[PDB]
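The following structure: ampicillin with Beta-peptidyl aminopeptidase.
Here is how names work: the chains are called A, B, and so on, in the same order as the sequence lines, proteins then strands, and each is numbered from 1. Header lists the method as X-ray crystallography, 1.7 Å. Just so you know, ligand 1 is whichever comes first in the structure, and atom 1 is the first atom listed for that ligand.
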Amino acid sequence: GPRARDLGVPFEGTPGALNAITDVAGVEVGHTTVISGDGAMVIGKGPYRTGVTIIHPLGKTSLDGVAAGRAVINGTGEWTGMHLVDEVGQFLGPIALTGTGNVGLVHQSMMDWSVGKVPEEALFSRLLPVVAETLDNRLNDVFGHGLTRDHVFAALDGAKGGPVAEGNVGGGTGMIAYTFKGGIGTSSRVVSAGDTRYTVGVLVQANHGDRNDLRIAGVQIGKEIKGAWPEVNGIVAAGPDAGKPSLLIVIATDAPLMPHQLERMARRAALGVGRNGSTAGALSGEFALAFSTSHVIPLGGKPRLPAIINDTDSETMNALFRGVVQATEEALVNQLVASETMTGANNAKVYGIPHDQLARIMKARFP
Amino acid sequence: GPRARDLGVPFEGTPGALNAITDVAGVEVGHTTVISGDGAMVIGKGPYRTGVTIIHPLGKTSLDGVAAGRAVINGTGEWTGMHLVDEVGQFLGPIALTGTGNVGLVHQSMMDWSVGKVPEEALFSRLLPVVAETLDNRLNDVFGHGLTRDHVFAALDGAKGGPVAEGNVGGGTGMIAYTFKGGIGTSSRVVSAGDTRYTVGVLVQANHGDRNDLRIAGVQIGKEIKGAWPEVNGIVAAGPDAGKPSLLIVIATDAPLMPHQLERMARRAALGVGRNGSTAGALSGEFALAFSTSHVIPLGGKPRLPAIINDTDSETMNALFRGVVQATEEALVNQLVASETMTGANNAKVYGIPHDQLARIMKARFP
Amino acid sequence: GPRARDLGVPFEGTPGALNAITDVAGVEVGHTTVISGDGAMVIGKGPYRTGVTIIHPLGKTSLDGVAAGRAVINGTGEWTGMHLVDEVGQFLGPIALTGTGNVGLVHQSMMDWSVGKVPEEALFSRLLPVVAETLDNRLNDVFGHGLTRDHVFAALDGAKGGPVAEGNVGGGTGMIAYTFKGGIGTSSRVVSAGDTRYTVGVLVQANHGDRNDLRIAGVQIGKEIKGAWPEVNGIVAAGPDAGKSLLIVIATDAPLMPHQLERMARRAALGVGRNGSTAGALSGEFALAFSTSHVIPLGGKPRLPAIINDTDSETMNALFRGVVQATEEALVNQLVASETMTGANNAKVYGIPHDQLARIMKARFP
Amino acid sequence: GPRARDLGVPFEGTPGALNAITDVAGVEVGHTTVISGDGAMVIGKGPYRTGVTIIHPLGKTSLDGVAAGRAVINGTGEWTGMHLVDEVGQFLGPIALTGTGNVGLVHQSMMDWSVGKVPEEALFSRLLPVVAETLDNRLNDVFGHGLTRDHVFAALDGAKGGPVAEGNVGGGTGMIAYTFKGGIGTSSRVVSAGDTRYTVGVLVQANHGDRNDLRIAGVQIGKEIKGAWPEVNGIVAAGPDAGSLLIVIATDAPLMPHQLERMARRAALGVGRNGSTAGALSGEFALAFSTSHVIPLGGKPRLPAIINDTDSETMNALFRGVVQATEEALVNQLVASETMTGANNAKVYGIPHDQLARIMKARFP
Ligand SMILES: CC1(C)S[C@@H]([C@@H](C=O)NC(=O)[C@H](N)c2ccccc2)N[C@H]1C(=O)O
Ligand SMILES: CC1(C)S[C@@H]([C@@H](C=O)NC(=O)[C@H](N)c2ccccc2)N[C@H]1C(=O)O
Ligand SMILES: CC1(C)S[C@@H]2[C@H](NC(=O)[C@H](N)c3ccccc3)C(=O)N2[C@H]1C(=O)O
Ligand SMILES: CC1(C)S[C@@H]2[C@H](NC(=O)[C@H](N)c3ccccc3)C(=O)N2[C@H]1C(=O)O
Ligand SMILES: CC1(C)S[C@@H]2[C@H](NC(=O)[C@H](N)c3ccccc3)C(=O)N2[C@H]1C(=O)O
Ligand SMILES: CC1(C)S[C@@H]2[C@H](NC(=O)[C@H](N)c3ccccc3)C(=O)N2[C@H]1C(=O)O
């Protein structure tokens, strides 16, 4: 289907070939999407609209660490492995993005997955898995154990490079963003740092923001779109006619950055988010994690840093920073466009942002 | 002169009466502006385009502390008294915003100022003054001692409530923002938290960003404006026709917030900055400090907290957060509009964003 | 069993009645201790030497939050709920301390425990459980699913005030500290803060440090102790004859704000420092402090019965000294409470010898 | 005179040749010590008991940056240049340690010092000087402008390697630690990291702690010492008869910035060994830097070797070095600082050498 650019939304900068986080060499992505049941929710019996998204920084067979740094916009949420990142500037294993109710199950499943796949002596390196959440409470039976260990194994083992599925998939399945359907979005930038061009890739799991704040390409678009407010049982449940008939950001780069430099990359995510108008609600867990696929730490070995960058080198750093801002901005709009209307638990209905209206608005604003 | 709204720039939200940080009860602002000399720079002899801006959270006569919390967007800069704020959640004395070369002089001057005004028993409370900088290196003889202790005393003693002077004044005098003239800007929002309305006021000293990134009301306006690039000696010095013929954000609120809650307010500034397009350059020291004028700590006494707010109360917190984002966004545009064209050290000429073109663009975009 | 003071170890300050975290009124502690199997390890079959320790800040029936703040000494470990604490200065629900392999199971079990006990409208408040770990890898089948949901429920439901069991129990069951047996330890201080008194309670799950660095009451005691090095099947496995993480929970009834509780938590490092360890590269050493008087009713107005000035040295120094001293003592109490244990792969770790310790203390403090 | 070891205080580990931060090659230290006036304080006239201590990480002629990271024990104090360090993991120029009242003067003086010495194109790199304080308020006329630009220039220009003067010198001149005389202290450790040796050097400016908490070599010694309490005009002013800390860590280990933060976070453990509990207004800070991981101005960073954070053999050796050198630097300070009378005739005693030596002899036969 069309992505944001295909509907005429302009963005600044040059995307990588896939315009996705997988433009960064090494990165694989996998989703398991769990959609079952309709109507009234009973805890433990669905409906389920949930899942898990896996990102392997160096592919699924890697036992090595990647240099990493994080940032917090608003920390009302969970992201495990982050004390490790703060302390030693790297993490081992995959990143899992999922629904809040699944964190514990995913965390233990990743440990289980390592058994028989990792040398015994190396197993202890698999004991701080990285698992993050947003809450799919409006569309999904959160507490009801809809996600199984097999679902997690399937995402771990099925992850791959190449085009990344966006929208109502994996961890984003039951999410809501800007009062429209939330989900997964991704984008990349190839940025010129003098005579070297690096790739910055971003994947988001979006469950944040309000329709009234939303900007797409700078256009405050909430009031321009007619209808498409959420419903319950065929009754408008939000907006002017109500009653009538968190954000996870994962940044990959092939730039050979040190961990403190990656924290800097992570802190740029907030500027990209800011472009699109949201203001970080009190309980919106908005977090960013950045890693390098060129600065790798072989397990029990010497760190591999193929080149080294000066933080005060504006030509290099600004190109990277702008890449993060732009790819984050675009990943967020790509999510909205990829996400289709869904009806879930308790008959809650949330519309995907209307393509026809969006394209019409973009054409009028950008003749 | 006209402020941003007067030129047809739309913003969301409701400003306070003055649309300035002084809409928050207790707050006084003072500037001393130093403009002397023209032509080639000789270190120690100008030209000078610098100054200092003072913000008294509770007025110039207060010996008490205000609850406070900070945030960093990019920390390549100086802001003293911040270890204190991080540790004990309050600061004593005024906030000074100035040029980088002035920090030491301002810091000692603020100590000198307390002598004779503050009981010898309370003097030690005046020994961690709050002084922050952006670099006026393109228009000002930074190292040349253009700022005097008397200049600092004048700003401390002359500060007042009511309308706040914007543009090329005080600490902002010699600054450059988005490749246009930088300086001081301010805005406020009155925000509804249930049956209680709070005030959020913001003042910025802006020296950040690139013209190519600039958004005003979502409009990427750099390429829409014709000319007005900086010059040297009548020769265009930047942009397409080149060669041819940091950010300090101060947030005040009357909301009775605890220090950790004010950190949250400070972290919202990045989103407001994000709206206007900048991407935080490698050497751009972009910082935010938030304080409450209702949560006051009498010197050596019991903290006064007139009411208490739950962090998980979205109705109250989201109103405050949106206030910070909107006031920050507008304060940044207000700065640009207030700042006039200036020629400074080494005949560097930086244009104020052209009012006529800006108004024309806003009219075409927002009929 | 004797605790540290009973063996003649001197400490500074005044302990509470129970000399435990439960000296802070309303705090409840529960353990489930899992000890089964012997001999060679088979992943998935044990031997198991693990468990879980639960701390209910306001008791097991509370749905309210407590003001909270944390500190990191060395962050190579997991402690969930901590982004929440950093952001909004409070956490809901119990603290669980456990073995690394159990984190996910405990996390989901805590959610399950809320279902049926918590009004449906309030359930979302139970979605960021606080769970922390140290690694019982030398005595326990870490990956082998030895801990069950029922074990977690039992600790949650069985938690109580009063005296706290120490040593090889709950989360500390399979741990190793200063090359001796690790485990759970607790201590408290009653402090004079201006013209009121407050209690500072500390509980530790200790799995950190090296014998050669250990100080007890300032005495570098590792070299003064004879034998008691770990073994594997009869063969001494460390020390001169070889081949022949730390979780700190601080409770107080002082009405502190979140940022002030961060300051409390940052004092733990000083008390840790007193006892000699130097925080190894992979030693996850963490502290979390909460107030039981500054409470946040769910969806309501925070309750702060009095307010303290950070610059009030009389009040704050007393509280800080309390943390340092209670931490120092909790660490030694752990060592003394922990008995010799043989576990997975016939690994054997000795409890610090009571007779030698008492002897050394007697000679050092006649 | 004697240092702590000379009075029979035992410590763990192996000190460098100088037992000082200057065991890290290329580091230079300079003090300017300002002692003048006696009797009653009149603000602006003294008595003065203050000064400044300069540490040049790569020597005074370096225009380059050093990789760096910091830690806070209790942040009630000032240390400039630290936002820079947190953000970009390096700092340019010298570290200055001084009295609280002097921070602004020192900060501007460091800028002035660069003019004429640094190419104009490079001057902007000199605009975030690193200046830290503790408060000499009981012995010194803090607000009275006792420190001059010339004093600062002298410490900057006079700094050198080799032995480092301790006690009542430079920034530590008017300080008070554990209710005894405070000041400057330094120590070092040479550590074995697998098949390589590194040096960890520590210098402190100590103005912290209470006598009742003090431990030296594990001995709670405040109560074993008789008298030596502070006085004001012949009248005991503390104790039964009453009728902040800056830690600089240098290493030649090629550590990245986040790794140096870990080093800095070890300082608290060494502080903890000596008993203090970090008072509410005690600004206790640590800064660590590498002299081998250097960043040529406007150039490519130079990292001669790289270390894995999970390499316990290498990291643990370094961490223990910080802890031990911090512990010893604190005791070296006390022993180096002599009894001093200052503003308002306040008198603060150096920890008594005779009593300390006897206590150590009794505890460690
Ligand atoms: C159907 C709904 C999604 S619309 C909603 C309505 C009624 O209270 N409130 C909102 O608009 C609310 N601000 C909101 C809407 C979307 C995402 C987050 C918050 N009721 C919901 C639902 O029942 O889950
Ligand atoms: C006159 C000038 C301001 S324009 C500039 C031109 C030539 O190199 N470069 C820039 O555009 C540069 N990106 C820039 C411009 C403004 C603010 C920050 C960076 N030369 C300057 C000057 O000499 O001070
Ligand atoms: C219902 C909400 C108040 S919480 C939810 C979401 N926040 C998260 O997902 C976050 N990680 C989180 C916070 C608290 C507990 C568990 C998880 C957000 O914001 N949503 C609100 C909404 O739908 O309006
Ligand atoms: C010339 C610059 C590289 S530094 C300057 C400004 N940055 C600051 O003001 C900041 N607080 C700072 C950083 C370093 C030393 C002293 C102060 C920024 O960015 N400017 C660049 C520009 O004009 O292009
Ligand atoms: C085997 C070790 C290298 S890891 C262990 C312990 N550290 C922890 O428990 C910590 N939370 C952790 C770190 C990494 C993965 C999982 C858990 C520590 O230190 N131990 C060493 C030892 O026994 O020698
Ligand atoms: C007089 C004190 C209350 S402040 C002082 C010292 N703390 C500092 O030096 C610190 N950097 C600082 C804190 C506040 C203002 C200025 C400087 C400390 O503790 N001293 C107390 C004491 O002597 O009793």
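Ampicillin, all copies counted: located at ligands 3, 4, 5 and 6. Every other chain with a heavy atom under 4.0 Å from ampicillin (ligand 5) is listed here: A, C.
Near ampicillin (ligand 5), within 4.0 Å on a heavy-atom basis, the structure shows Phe124(A), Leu127(A), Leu128(A), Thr76(C), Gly77(C), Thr100(C), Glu133(C), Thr134(C), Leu135(C), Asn137(C), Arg138(C), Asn207(C), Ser245(C), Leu282(C), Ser283(C). Below 4.0 Å from some heavy atom of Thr76(C) lie the following atoms of ampicillin (ligand 5), by number and element: 10 (C), 11 (N), 12 (C), 13 (C). Taking only nitrogen or oxygen atoms, main chain and side chain alike, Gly77(C) does not reach within less than 3.5 Å of ampicillin (ligand 5). For chain C and ampicillin (ligand 5), the nearest UniProt active-site residue, with heavy-atom distance to 1 Å, is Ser245(C), 3 Å. Close approach to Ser245(C) involves these atoms of ampicillin (ligand 5), each under 4.0 Å from a residue heavy atom: 6 (C), 7 (N), 8 (C), 9 (O), 10 (C), 11 (N). For ampicillin (ligand 5), the atoms lying closer than 4.0 Å to a non-hydrogen atom of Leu282(C) are 3 (C), 6 (C), 7 (N), 8 (C), 10 (C), 13 (C), 18 (C), 19 (O). Distances below 4.0 Å separate heavy atoms of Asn137(C) from the following atoms of ampicillin (ligand 5): 1 (C), 23 (O).
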